[PDB]
Amino acid sequence: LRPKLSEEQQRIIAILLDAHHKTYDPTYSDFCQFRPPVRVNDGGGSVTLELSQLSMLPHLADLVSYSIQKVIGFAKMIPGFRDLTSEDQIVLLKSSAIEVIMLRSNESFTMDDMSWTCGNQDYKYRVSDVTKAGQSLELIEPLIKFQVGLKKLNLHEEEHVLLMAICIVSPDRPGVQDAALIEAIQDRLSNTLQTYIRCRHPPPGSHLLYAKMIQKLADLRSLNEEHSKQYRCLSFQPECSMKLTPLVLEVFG
Ligand SMILES: C=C1/C(=C\C=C2/CCC[C@]3(C)[C@@H]([C@H](C)CCCC(C)(C)O)CC[C@@H]23)C[C@@H](O)C[C@@H]1O
């Protein structure tokens, strides 16, 4: 069976596409406003040197902080999100922030050279640039594999935005009060996605794709946990707080 998208479902997709278009600048034109990226000579991938300098942290922390703000904006536009209490809204945002950033970054990720390309060389982020931000390969390598796998799904933008929405509105986040309401909202979203794939996504991908996308959400949980572990280590570095931002400190602290 391939039930047609209901008027409500079509409206949901429209709202999410619009929300994404208003919160994700494909030209990355604001990036020049972030603290400048600095790339020290670390061909050896020296953890000691990376931690001593954290040369790329101010820039990437600003990029992440900026992205969290955009995600907050996107989330507020998710149909039903505002029906939740502010406490639940914040619980969901803080817990999904890094995951949505990883998902949305797939738009700048390119398999041409396995980097996040957001402009000229200055705004091209490679594994080496992330390690220069004090991040561990224990996180970055799996992150890259995740990006490639997500790339290969060749998601329509409709699927991309629905996946980010579903990621955010997850009832199984620690601290949520009204898990029931959250699940109802997510189910409305998941049903839209499943319905969209079944009647709009041409094979060989008409089906099976929903399962692959849901698996990505599971992968994201592991990446989230891995990032939290690495962020903790990074936080031990003296003077690190100044290289981050208040929003970043709050979300991951
Ligand atoms: C942000 C966005 C972009 C890229 C994402 C990247 C590339 C650089 C390194 C990042 C920011 C990863 C880092 C492991 C996260 C480190 C954060 C912290 C220093 C606080 O522990 C996660 C996603 C990666 C650019 C654009 O796609 C908008 C998107 O929204």
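The residue numbers of chain A are those assigned by the PDB entry, with the residues present covering 120-164, 216-423 sequentially. Atoms within each ligand, like the ligands themselves, are counted from 1 in listed order. Hydrogens, waters and symmetry mates play no part in the numbers below; they use all other heavy atoms, side chains included.
- What sits at ligand 1 is the drug calcitriol.
- Bound to calcitriol (ligand 1) with the most contacts here is the chain that UniProt lists as Vitamin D3 receptor.
- The contact residues of calcitriol (ligand 1), taking heavy atoms under 4.0 Å, are given as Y143, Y147, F150, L227, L230, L233, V234, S237, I271, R274, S275, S278, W286, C288, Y295, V300, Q305, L309, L313, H397, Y401, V418.
- Calcitriol (ligand 1) has an N or O atom lying under 3.5 Å from an N or O atom of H397, backbone or side chain.
- Looking from atom 22 (C) of calcitriol (ligand 1) to the surrounding protein, the closest heavy atom is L313 CD1, 3.9 Å.
- Ligand-side atoms of calcitriol (ligand 1) in range of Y147: 26 (C), range being under 4.0 angstrom from any heavy atom.
- Counting protein heavy atoms under 4.0 angstrom from atom 18 (C) of calcitriol (ligand 1) gives one or more.
- Short version: no covalent link from calcitriol (ligand 1) to a chain.
- Residue-ligand proximity, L227 to calcitriol (ligand 1), at heavy-atom distances under 4.0 Å covers atoms 19 (C).
- The shortest contact between atom 7 (C) of calcitriol (ligand 1) and any protein heavy atom is with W286 CD2, 3.4 Å.
- Of all protein heavy atoms, the one closest to atom 1 (C) of calcitriol (ligand 1) is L233 CG, 3.5 Å.
- Residue contact check: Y143 has heavy atoms under 4.0 Å from atoms 26 (C), 27 (O), 28 (C) of calcitriol (ligand 1).
- Across chain A, the UniProt domain dominating contacts with calcitriol (ligand 1) is NR LBD.
- Set against the non-hydrogen atoms of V418, the atoms of calcitriol (ligand 1) under 4.0 Å away are 20 (C).
- Near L309, meaning under 4.0 Å from any of its heavy atoms, are these atoms of calcitriol (ligand 1): 14 (C).
- The shortest N or O to N or O distance between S237 and calcitriol (ligand 1) is below 3.5 Å.
- For calcitriol (ligand 1), the atoms sitting less than 4.0 Å from at least one non-hydrogen atom of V300 are 9 (C), numbered in the order shown with element in parentheses.
- Taking distance alone, with nitrogen or oxygen atoms compared against 3.5 Å, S278 approaches calcitriol (ligand 1) more closely than that limit.
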